[PDB]
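Structure follows of tezepelumab associated with Thymic stromal lymphopoietin.
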Amino acid sequence: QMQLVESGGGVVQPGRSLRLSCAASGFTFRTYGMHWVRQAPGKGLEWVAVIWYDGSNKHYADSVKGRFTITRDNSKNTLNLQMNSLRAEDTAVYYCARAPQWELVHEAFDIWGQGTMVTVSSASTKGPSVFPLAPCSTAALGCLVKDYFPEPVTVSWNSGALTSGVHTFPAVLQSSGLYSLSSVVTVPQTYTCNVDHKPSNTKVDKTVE
Amino acid sequence: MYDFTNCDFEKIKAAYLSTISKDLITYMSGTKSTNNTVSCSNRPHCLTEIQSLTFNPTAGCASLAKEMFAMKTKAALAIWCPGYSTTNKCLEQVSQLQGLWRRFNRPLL
Amino acid sequence: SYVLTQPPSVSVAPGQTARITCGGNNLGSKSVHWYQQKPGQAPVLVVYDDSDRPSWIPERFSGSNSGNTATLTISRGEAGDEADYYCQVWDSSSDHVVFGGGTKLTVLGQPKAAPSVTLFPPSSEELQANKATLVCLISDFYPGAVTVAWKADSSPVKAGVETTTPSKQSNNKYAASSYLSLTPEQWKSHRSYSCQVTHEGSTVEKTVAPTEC
């Protein structure tokens, strides 16, 4: 029955503020140290902040100190994280976890919340810029579909070019909040990639050399 | 309301090892605690929690103050703290109590 | 600032024992905890205080801490043990919780496959748009863990790198992309740029030369 349930996550622009909550249940909240841990997409775990069992001491990681504020309510069994002056690098899933304290030592994180997503971005609907991909010196060519939002785009090559293979790689989500992807065709004839981005009502047709 | 900040922790530990522990285990039908819902962060804090769980009634268990281990506990605190002086739901409570004592008994550095 | 170092990847055959190490300065002096994170889920504690197990954890999992090395041992590796594993300590000198980089445990469902790498230089077109992007395309590798590094001539490049998380493709092997953003000036002011893709300790490197484009 021991649980931590989080909320408050969402999408904000850089410089804006956000307030996360964490609700404990099934254990005596006021006897445990409470922490915030975050994980950027595809990255590792990064400790953010801690508040002592009695709310007496508050300690932060340097990457957030002076911008984030951790608080707790032992009568409501609630933990909070007030996030001010958000930057792109704060984009992450934010977990809360409980940990016993002993004197000055913090012990293992035995209970974790389910996590809440926080996105710091100014990204808005935008069609892609398409550039050709050709080697410097079998071989392959393609087109680079750069800086679009939101997903998805569809890339289709002309019927003639598609005889020896084709690979459209998953997109990279950049810190700016924009996407980019690459699509390549195998070659030992014309090569034309048709890019369609419905969310922006953008179509682009480029021939590669 | 009583803070156990000024208690004689070493003496209370000695009392636990010599007496209180045995009465807890016997009450626990000869078992020792290993799922924690209560914790403590220092020796003064542990005794606060031990105080509450041992003597105060909670919604789920009557007061354990009549029990042997509880009377031994009252004795230890009366002496070493200046100014101080079976249901499934109760077994769960006393098991948390063994956990708190274990933390309280932890080695000094 | 204390540092824990793990291998980015460890692979094991089904039924075999997996060993994930965690390195740190005088790590035997600290209590090391281990966490398991399956894709899309919150981390789960599997080992605490070097060698102790929670109730909800199989006896297959076991930990040890000695010298400058902690180790998480998983006996008789099962497919369900596939996850990312993080070691963690509380550093008293710096008063910080420190996580390791994380180790992806892979229970092999197919033979190991080295990545094939393709490196594209900036096109003549985007250079005229006052931008420059090097594109490193990585495919056909298994297990699905890779480390991508960039070099300008012989020195590394940290800024302007954007790399995807490896994704399973239709051929059941993984693919990945890394983008290096440069100014046209930077691109032309070097003899070469390189994409270093490390997989299972082995590296595949591709080079491009601005003067050859």
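The chain called A is the first sequence line; B is the second; the pattern continues. Shown for chain A, in order and in the PDB entry numbering: 4-140, 147-197, 204-224. All chain B residue numbers match the PDB entry; in order, they span 28-61, 64-114, 133-156. For chain C, we keep the numbers from the PDB entry: what you see runs 4-216, in order.
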Is it possible to name all ligands or chains that make up tezepelumab, including repeats? chains A and C
For chain B, which chain of tezepelumab (chains A and C) contributes the most non-hydrogen atom pairs at less than 4.5 Å? chain A
What organism is given for chain B in the entry? Homo sapiens
Okay, next: residues of chain B with a heavy atom less than 4.5 Å from tezepelumab (chains A and C), what are they? B/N65, B/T66, B/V67, B/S68, B/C69, B/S70, B/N71, B/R72, B/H74, B/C75, B/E78, B/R150, B/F151, B/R153
Tezepelumab (chains A and C) paratope for chain B, heavy-atom cut-off 4.5 Å: A/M5, A/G29, A/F30, A/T31, A/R33, A/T34, A/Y35, A/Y56, A/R101, A/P103, A/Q104, A/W105, A/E106, A/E110
